[PDB]
2 protein chains.
Amino acid sequence: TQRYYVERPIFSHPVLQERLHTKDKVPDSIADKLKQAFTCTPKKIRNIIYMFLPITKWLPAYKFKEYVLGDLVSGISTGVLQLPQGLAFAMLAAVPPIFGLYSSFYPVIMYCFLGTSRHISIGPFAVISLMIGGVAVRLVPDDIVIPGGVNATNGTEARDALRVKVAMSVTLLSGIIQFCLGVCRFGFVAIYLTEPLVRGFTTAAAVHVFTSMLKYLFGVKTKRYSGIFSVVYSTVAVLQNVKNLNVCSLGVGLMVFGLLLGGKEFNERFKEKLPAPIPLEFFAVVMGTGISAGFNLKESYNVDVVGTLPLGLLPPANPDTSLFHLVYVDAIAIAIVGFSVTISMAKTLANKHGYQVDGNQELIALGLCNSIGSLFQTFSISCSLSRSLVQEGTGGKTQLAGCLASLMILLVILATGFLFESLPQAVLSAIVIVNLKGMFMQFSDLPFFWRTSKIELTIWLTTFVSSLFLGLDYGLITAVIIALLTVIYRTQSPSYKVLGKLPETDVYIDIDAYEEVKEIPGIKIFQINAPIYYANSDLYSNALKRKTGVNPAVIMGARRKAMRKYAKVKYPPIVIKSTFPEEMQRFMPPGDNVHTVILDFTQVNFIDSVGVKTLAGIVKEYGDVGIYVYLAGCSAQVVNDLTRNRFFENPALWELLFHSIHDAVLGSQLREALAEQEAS
Amino acid sequence: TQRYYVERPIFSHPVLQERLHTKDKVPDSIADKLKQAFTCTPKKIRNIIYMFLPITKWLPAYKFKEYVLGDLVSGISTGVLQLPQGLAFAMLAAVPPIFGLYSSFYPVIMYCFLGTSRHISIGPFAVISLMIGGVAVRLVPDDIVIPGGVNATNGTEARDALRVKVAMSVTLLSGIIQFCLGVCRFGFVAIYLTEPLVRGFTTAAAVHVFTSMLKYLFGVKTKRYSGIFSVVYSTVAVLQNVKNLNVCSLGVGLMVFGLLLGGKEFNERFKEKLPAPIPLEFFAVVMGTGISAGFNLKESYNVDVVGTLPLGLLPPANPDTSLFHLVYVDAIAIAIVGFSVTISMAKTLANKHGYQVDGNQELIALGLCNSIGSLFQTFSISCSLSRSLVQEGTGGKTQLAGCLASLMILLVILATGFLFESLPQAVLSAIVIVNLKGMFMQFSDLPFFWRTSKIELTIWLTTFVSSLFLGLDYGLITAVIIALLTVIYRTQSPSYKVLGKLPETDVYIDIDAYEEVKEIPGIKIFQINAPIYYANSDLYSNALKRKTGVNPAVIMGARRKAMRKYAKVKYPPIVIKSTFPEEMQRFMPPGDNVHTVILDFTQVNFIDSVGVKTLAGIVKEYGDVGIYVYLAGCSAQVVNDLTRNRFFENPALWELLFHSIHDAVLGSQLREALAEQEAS
Ligand SMILES: CC(C)CCC[C@@H](C)[C@H]1CC[C@H]2[C@@H]3CC=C4C[C@@H](O)CC[C@]4(C)[C@H]3CC[C@]12C
Ligand SMILES: CC(C)CCC[C@@H](C)[C@H]1CC[C@H]2[C@@H]3CC=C4C[C@@H](O)CC[C@]4(C)[C@H]3CC[C@]12C
Ligand SMILES: O=C(O)c1ccccc1O
Ligand SMILES: O=C(O)c1ccccc1O
């Protein structure tokens, strides 16, 4: 075995520097640092193509034997869920339902070619649908008259067409913004989305969607509220109008809701019994449409249905740029929110399955998908939380599962779009509510974060409140800023400790922690685990004067008190010897007689101009009353900050630095002993 | 002499903890922590009275012999400057000039009793006057007709009265806000005003005031612009209308401007020749009014003058609360800006003269001053930069200098208010411009901050730009947020270093720095001088895998490449031994053969849940390829973060911690030697 044993002279700063000679670095010209980027070797261009076109990467290396069954089952199980969710989100956007299926096919196909993550199901999203519907209603209210040959029997088809055009324009603008952000390498901002913030934002969005689904379930009409305090206004509106509900719609919605809970719990408790989970949503919609067609609930009890569904695909429609100046803000908000949600899901799924995703490629893929979708009659979309988990939980392994879902959505569009025209809105509302239960389950993080780390609990609660009451567009920004400022709070509330020396060793630990550490007499040690930047210097000085019990101001006051009570280019020395008579010392109230204060800088990352000024003031003031101050553990970075500022214009301040606490202790003790020698 | 010498066993975590026994703390009940606050000893109540009423402190201890002359000279020299500045700021607020003298007397008298700082000259401020004028014009335009018995010969007196009432209401609201903030102990926020931010904000405000003074100097009329892009719009407006200037007003303004520069430079170069500096502003206004009265410039050349000045004080006027819902935002902005500026000046003057100021008492004093001034026909004010520098520079020592200035302003109000009625606006504009030169001089910080610290230069430029183009109300908030986020940027761009061991000692320094440090073979050391919070873990992992040249992913890839090329409750061990055949090692491209990676945690202040997850992933992944990872310098705080999270559910991870880099090196070397022993 071996024991920790080192023998060496006391390493102050000048003693250590005379033993070290700076190395000569190799400068890299900014001109020669650009030439090597244009070698254009086949490997480099192949890597670039692989980066921009991930389909060329994971498709040739497709391991058939263990991917075919999982991909097929996951694709079927996610398409059967994407259909009712697509229709439901279409109605939330104040657009005809067929546009939900239009928006659930083109971007999925494009993301199967341009996407990096291989476990997310891109498609219609509830939050994006809500925001698109809000802007569509804001631009096009229910009071627009068009004399385009239509008689007095207006079916509001013109209003729906204008709303569709508004959604297309804002989607195209959001896609262009996302593409421009992606090519600008901005996707590096996704790292600021901490896990508690994402969980809180998703839960708040889940509450918004759940409360926005109540009017669809009950069947009562209610004007849509968008903006600040939207959730509370919407819920009080639906509560005021609840007296005029539709009994049959509520009954069928509650029945399918209970059936969905029963089936989901059955699958959960019979997980081992199944080779592949049964698609419950498909059975739910089949039952709903069968009953509705059986009893003709559209008119017999005034139970509104999804409506007619035209067939056939549409040729590309070149949009107009006449609405950009009206919806430019909301398009930016849509792009930011969609990218944030999709990057959070892609990152967490990649971490779970052991790989990596690219933020910039995600932005580029979303931008191209949204833009070309706007050319192809499609509104803005992003990743979907519940749908992606359903696709993965059933054995999703590559992105071909999304392609299969897109293909079956195409099949429904072309062939059996008429079959679902009688589906009541209650079934879709209950399906959305039941699939959103997984997001209600995230309240378990409240006691958990309370036990583990209260700062993250504060971030979670602040994000949830800011995204619930205020609009989702600005709640995310507010939560991000609060999360960033929590670091500032942490650096403004550090742990000031006074250290003591373990006997016979060099381990220095807090004096009030372990009952065996003993403070060295005449030497006080202070430690701060935080930088000394502008918003921290004053607190550091106050803590130094309070914890150590050595305040030069009160020392001078007591010295003058004893004085009045008894009576009835070169630089000056940093430490002024105590010009206090020994006879006057008899009238000097007792004290610890501290002769040196050691400052620990091992846990100080940086110091700025305000910090340097405060440190110089501390050194000068403490030296005024004849108390030496040494800095221990000054890293090379902090030494550079001190040198850059005006701290070291007096060369005699070089010797105050040291390398370790024990080095400073040995130096101070040796200096005291040397001063003892010449005393007598 | 003594040499650094320590002999001790290797201190891992369990070895150190078995030698330490936790002390028992003394709990302080939240109930008994409140009882001692109500002792109500005479000393405590005396201290409270001293805190709330600083006049009771520095007045009884007034040292006459060295304060009388300095206070008198400073008070005279600051009153003679406060008068023209008060009149000039009155006209900038779109109120009759007499209200400038009303606002220059009451709050100065009150701050002489309720103020803490003893070197600032409270009074009218250019920025506050500009904002008050902006809100007054916004509420009361030039198109208001009142049929209150006034004939068609309307002198716009009603419009001026409404503007005065608006200013009074907003001033009272701002005063109430300041008082409520002060009693709430909110004045603790003043620490976020770093020096570069304050300097940049003051320079931007100086530019705003200078460009707002051009129309007064030239004599041309120009409608006032308030809000975003106010400076550029105002300067292009005054440039477009310059063709209709008044020659005589410009001539007298330039003459007094040149005289002021000449006299100021004369005082600067004859500083030693004077016992007390001559008041140049008084001579300037005397000359201007003498010439204007001599030639009657009010009508002879259409040179506008300050106008008539009514005498006599006014009885208190109880305001109205009918304008709060219109000006509540601007009152809040006024309060914040005024408190920020005054606290910056008070803090810097206290630091210069060696004492301290209280932010909360400053807020309380400003709130009471503004409120009771609004009762006494006075608009909102705060500290004045140039006036305070003039007061302190001539020998201002206590707050009685402000009282003398208030008394002489009262003398002018009561007796000689008519004498200054013919003073041209050109003289006042040139006086404001010449006294604001000291704020133009602050561009010298650009090369200075460029040389010292580029981050503070970025803060300075961002503050200047955000406060120049955008309005001063929101530029301050934007600059504060940017300054706070610079810390986040600093923690996101740390300095990753790979350390080496100085021979025969225990000093570990960067391997690419000093040419004598030598890396220990088989051991790689990594150090980060930043926390490991959520927005930093990914960069830390990438830097660890790049700098040290030990990437487990590429190691596994190379191992599998050699493999395919050659062929033609208990827990598992953390480190899995390399199941790689020695024959396959012959096909394994050469490497450094690193057997242990040491992570330096001496400069890590805190770690959060994301950081803990990343650290656990690093440990597991590095142990997968048979590479031990040790943590060195884990402080008790970081150990607490790791324990609170789920890092230590496997007790075998306790031994991975250590106390110092050399301890970890010795432990790893000893473990390798022990593994060597049983090999053969
Ligand atoms: C620490 C953080 C929160 C500081 C910055 C907060 C900013 C981004 C917040 C605080 C107050 C917010 C505003 C509050 C209310 C509204 C009205 C609403 O109809 C549109 C958004 C808007 C205008 C918000 C925009 C974002 C906002 C200005
Ligand atoms: C945290 C970092 C990004 C700084 C944030 C600065 C925020 C709070 C600033 C910057 C730009 C500001 C906006 C600029 C202009 C206007 C128009 C005005 O009629 C009302 C206030 C309003 C809407 C401001 C609100 C506050 C604002 C949004
Ligand atoms: O339906 C979803 O998948 C969903 C996901 C997140 C938030 C609200 C939602 O409705
Ligand atoms: O007159 C001043 O002292 C002053 C100070 C700061 C900004 C504008 C100003 O006019």
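To find a chain's letter, count down the sequence lines: the first is A, the second B. We're sticking with the PDB entry numbering for chain A, so the shown stretch reads 13-580, 614-725, in order. We number chain B the same way the PDB entry does; the residues here are 13-580, 614-725, in that order. Ligands are counted one by one from 1 in listed order, and the atoms in each one are counted from 1 as well.
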Dichloroacetic acid, acetohydroxamic acid, salicylic acid: which of these is at ligand 4? salicylic acid
Chief binding partner for salicylic acid (ligand 4) by contacts (from UniProt): Prestin
Quick one: other chains with a heavy atom closer than 4.0 Å to salicylic acid (ligand 4), which letters? B
Going by UniProt, which numbered transmembrane segments of chain B, first one at the N terminus, have a heavy atom less than 4.0 Å away from salicylic acid (ligand 4)? 1, 3, 5, 10, 12
Which residues carry both labels: UniProt salicylate-binding in chain B, and heavy atom within 4.0 Å of salicylic acid (ligand 4)? B/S398
Contact residues, salicylic acid (ligand 4), heavy atoms 4.0 Å: B/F101, B/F137, B/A138, B/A218, B/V221, B/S396, B/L397, B/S398, B/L448
